[PDB]
Peer 1: 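Structure of imipenem (bound form) bound to Beta-lactamase OXA-23 - open in front of me now.
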Amino acid sequence: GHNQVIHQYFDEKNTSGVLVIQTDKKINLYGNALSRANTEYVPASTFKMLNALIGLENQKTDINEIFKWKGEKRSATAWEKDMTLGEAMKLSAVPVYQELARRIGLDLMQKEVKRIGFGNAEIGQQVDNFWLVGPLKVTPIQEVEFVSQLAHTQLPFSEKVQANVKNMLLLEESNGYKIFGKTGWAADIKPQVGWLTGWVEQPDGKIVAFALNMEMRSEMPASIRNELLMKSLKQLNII
Ligand SMILES: *C(=O)[C@H]([C@@H](C)O)[C@H]1C[C@@H](SCC/N=C/N)C(C(=O)O)=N1
């Protein structure tokens, strides 16, 4: 696991990005734009995690509620179905989480966000878009620390709420490993920012968190972040 082979994976996708890795409060940067690790970006679909936690803890919803699709045209055609808060996490279904956000309410949402101390902790005034176009911005280091506390069940929420949000985030379960995470893509700011923040539950239960953050372009496949990460964690010998 050399910090150079990982520069070339990023050199080669013609992007600019950083991979933050945390292993029990020790943090390392990999990639080819390590200055991104201290830069504030909008969270995007990654804030869904803190939204779910805030919504469940405050009983504005539950893991069994079905969100009804009331007919309107949506940005992706898989989002056009009734679905649970968990299935909306998998699909990054923004309408579901905007409905949750409006139940929470601006006052409650600002209070929770400030208490947790997520990013700049600014949510401004539109309770249903602040993670997508600001004013909320967070750095990739701050992200990997949040997602680290969530894997270790050390966030300021009930034990059962964190477990619930954790179970919404499984991505690949091969070789006795488990990779949890949540993708993101702010395709509406210049330049576009792509996220991938999660952790690896190694077979012995040791927990290694990651926040991949890269500038995006409209032609890249969704699975470019998956591809970059899965092959980076292979290099550092985490899988
Ligand atoms: C979440 O962050 C995305 C956004 C609508 O909030 C949703 C949708 C895709 S992004 C597709 C747009 N650009 C594609 N070239 C997505 C994701 O997988 O990141 N989540």
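One is the number of the first residue; the rest follow in order along the sequence. Counting starts at 1 for both ligands and their atoms, following the listed order.
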Peer 1: I'm trying to find imipenem (bound form) in this model - which ligands or chains should I look at?
Peer 2: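 Short answer: ligand 1.
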Peer 1: Nearest UniProt active-site residue in chain A to imipenem (bound form): which is it, and how many Å apart by heavy atoms, rounded?
Peer 2: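 By heavy-atom distance, the nearest UniProt active-site residue is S45, 1 Å.
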Peer 1: Which residues carry both labels: UniProt beta-lactam-binding in chain A, and heavy atom within 4.0 Å of imipenem (bound form)?
Peer 2: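 Counting heavy atoms against the UniProt list, it comes to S45, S92, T183, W185, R225.
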Peer 1: Okay, covalent or not for imipenem (bound form)? And if covalent, which residue and atom?
Peer 2: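 The covalent link runs to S45 OG.
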Peer 1: With a cut-off of 4.0 Å on heavy-atom distances, which residues and nucleotides contact imipenem (bound form)?
Peer 2: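 Non-hydrogen contacts come from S45, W79, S92, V94, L132, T183, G184, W185, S218, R225.
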